[PDB]
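Structure showing rupintrivir (bound form) engaged by Peptidase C37.
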Amino acid sequence: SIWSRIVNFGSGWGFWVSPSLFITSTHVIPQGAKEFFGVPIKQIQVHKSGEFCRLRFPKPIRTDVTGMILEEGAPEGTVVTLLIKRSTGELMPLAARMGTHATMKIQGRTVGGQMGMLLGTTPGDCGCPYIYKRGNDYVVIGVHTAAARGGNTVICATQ
Ligand SMILES: *[C@@H](CC(=O)OCC)[C@H](C[C@@H]1CCNC1=O)NC(=O)[C@@H](CC(=O)[C@@H](NC(=O)c1cc(C)on1)C(C)C)Cc1ccc(F)cc1
């Protein structure tokens, strides 16, 4: 039921990490949104770090899901799964080995990202999660923001 946590958000998608934590790409969100999922935006705790957007709701929204671990990137060489969901409803899991993780700071504020190579993606896919299993837990490392033209390179934005 992991696929049920991937919901269309604005021009792309978003992922429920826990009953109250929703992650997406910053620039797929409508610029004039005054509410999300029935909750006024004033009551939602928003944290935008570059192209990584994080929404913490004041109550459990998805009371049916379990909590996963949100971590900034994956150790280099880790292969993860980009859970792409298309407009048709078709489910397309893509494998990608993760490479160099980069971070840029300005004024106390760190934006993050990590590159990967697919082992494709299209303009409607921003916001779909990158995930891999570690032990008896599932770890989500970011949401897709970019992909090289024609090649295998992809990029997940990190917190
Ligand atoms: C997703 C964002 C979106 O809504 O699309 C239309 C604006 C989109 C996904 C890639 C486009 C083609 N295939 C994809 O997987 N991302 C973008 O449009 C972002 C920019 C790019 O992806 C370019 N690629 C790169 O910059 C790049 C660099 C490297 C090393 O690899 N790729 C082009 C392929 C367009 C920009 C964007 C826009 C809006 C967002 F919300 C996030 C990101």
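Per the PDB entry, chain A residues shown: 4-122, 133-172, in order. Side chains included, hydrogens not; waters and symmetry mates left out as well; all remaining heavy atoms used. Counting starts at 1 for both ligands and their atoms, in listed order.
The binding site of rupintrivir (bound form, ligand 1) (heavy atoms under 4.0 Å) is made of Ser14, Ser28, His30, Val31, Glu54, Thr134, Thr135, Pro136, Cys139, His157, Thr158, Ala159, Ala160, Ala161, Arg162, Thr166, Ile168. Nearest to atom 8 (C) of rupintrivir (bound form, ligand 1) among the protein's heavy atoms is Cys139 SG, 3.0 Å.
Of the protein's heavy atoms, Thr158 O, 3.2 Å lies nearest to atom 16 (N) of rupintrivir (bound form, ligand 1). Scanning the protein for heavy atoms near atom 3 (C) of rupintrivir (bound form, ligand 1), the closest one is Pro136 O, 3.0 Å. In terms of protein heavy atoms, atom 23 (C) of rupintrivir (bound form, ligand 1) is closest to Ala160 O, 4.2 Å.
Closest protein heavy atom to atom 29 (C) of rupintrivir (bound form, ligand 1): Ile168 CD1, 3.4 Å. In this structure, the protein non-hydrogen atom closest to atom 40 (C) of rupintrivir (bound form, ligand 1) is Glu54 OE2, 3.4 Å.
Looking at rupintrivir (bound form, ligand 1), you won't find any N or O of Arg162 less than 3.5 Å from one of its N or O atoms.
Looking at the model, one finds a covalent bond between rupintrivir (bound form, ligand 1) and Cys139 SG.
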